[PDB]
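Worksheet for the structure shown next.
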Amino acid sequence: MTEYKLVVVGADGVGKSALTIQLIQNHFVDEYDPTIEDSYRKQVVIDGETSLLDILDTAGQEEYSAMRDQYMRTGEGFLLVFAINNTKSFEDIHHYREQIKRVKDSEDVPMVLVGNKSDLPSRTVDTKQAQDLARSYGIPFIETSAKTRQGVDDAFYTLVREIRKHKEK
Ligand SMILES: C#Cc1c(F)ccc2cc(O)cc(-c3ncc4c(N5C[C@H]6CC[C@@H](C5)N6)nc(OC[C@@]56CCCN5C[C@H](F)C6)nc4c3F)c12
Ligand SMILES: Nc1nc2c(ncn2[C@@H]2O[C@H](COP(=O)(O)OP(=O)(O)O)[C@@H](O)[C@H]2O)c(=O)[nH]1
Ligand SMILES: [Mg+2]
């Protein structure tokens, strides 16, 4: 079986944990403990290959130690998550991408930009704004709802496929 280390990053409250649990357990958990950082495993067949996804759902205090740097460096691909009704969480994406680039020592790291909470009508981040950011980064952009499950599988599997591409270069 091939193992993939995925890391889900982004501001508090954007739905990182909801997305992760939807993928793992196939249901929407509304108010999952905002402080728990943990990793979750799922076995799935993707494009004919049996794969073990090890998903780190990030949380907790903002700190920049060598210990945390090495922890994050073990990730092979990153989901950058913002909420489409929270402009600050979108503006924070630059920060998260630069910290990834810093610890991986590379500008070519598999990443996918996710705009979550698409089920809401109160949108503040334009789809064109978000797409344009992803195009300048050269990475895929997918809008999701952990509540309705729209796009969840697609976001995670697109990241797996990006990692496969990057290993085949
Ligand atoms: C992630 C990651 C992260 C990566 F992807 C990659 C490498 C990393 C290497 C690190 O050593 C460490 C990280 C790492 N761990 C936690 C962070 C964190 N906490 C506060 C809340 C919001 C999420 C959760 C975790 N709880 N928060 C903010 O950024 C916050 C903001 C708001 C106040 C000040 N800053 C700077 C920007 F303005 C945004 N960054 C964080 C960070 F970089 C890394
Ligand atoms: N309407 C809606 N609410 C969501 C969605 N994803 C998460 N939530 C809610 O957003 C809040 C924060 O989500 P959580 O998964 O804890 O975010 P995290 O801090 O990034 O782990 C919770 O009340 C969730 O139930 C979504 O796709 N749609
Ligand atoms: Mg969480």
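The chain is numbered in sequence order, starting from 1. Read the numbers this way: they start at 1 and go in the same order the structure lists the ligands and their atoms. Per deposition record, X-ray crystallography, 1.7 Å.
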message = Hmm, looking at ligand 1, which of NMS-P937, MRTX1133, LY2090314 would that be?
response = MRTX1133
message = What's the chief chain around MRTX1133 in this model, going by UniProt?
response = GTPase KRas, N-terminally processed
request  = Could you check atom 27 (N) of MRTX1133 against the protein and tell me its nearest heavy-atom contact, residue, atom and distance included?
outcome  = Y96 OH, 3.5 Å
query = Under 4.0 Å from MRTX1133, counting heavy atoms only, is it the side chain of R102, its backbone, both or neither?
reply = side chain
query = Closer than 4.0 angstrom: is that true for some heavy atom of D12 and an atom of MRTX1133?
reply = yes
message = Using heavy atoms and a 4.0 Å limit, tell me yes or no: is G75 in contact with MRTX1133?
response = no
ask   = Which protein heavy atom lies closest to atom 11 (O) of MRTX1133, and at what distance to 0.1 Å?
value = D69 OD1, 2.7 Å
task = Could you tell me if any non-hydrogen atom of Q61 lies under 4.0 Å from any atom of MRTX1133?
result = yes
ask   = Where is the nearest protein heavy atom to atom 34 (C) of MRTX1133: which residue, which atom, and how far?
value = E62 OE1, 3.1 Å
request  = Have a look at MRTX1133 and work out which part of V9, if any, has a heavy atom under 4.0 Å from it: side chain, backbone, both or neither.
outcome  = side chain
query = Do any nitrogen or oxygen atoms of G60 come within less than 3.5 Å of a nitrogen or oxygen of MRTX1133?
reply = yes
inquiry  = Using a 3.5 Å cut-off on N or O atoms only, is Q99 in polar contact with MRTX1133?
reply    = no
request  = Could you check which of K88, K16, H95, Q70 puts a non-hydrogen atom nearest to atom 32 (C) of MRTX1133?
outcome  = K88
query = Between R68 and MRTX1133, is there a nitrogen or oxygen pair with a distance under 3.5 Å?
reply = yes
key: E63 to MRTX1133, any heavy atom closer than 4.0 Å   = yes
message = Hey, which residues are hanging around MRTX1133 within 4.0 Å, heavy atoms only?
response = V9, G10, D12, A59, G60, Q61, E62, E63, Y64, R68, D69, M72, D92, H95, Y96, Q99, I100, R102, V103
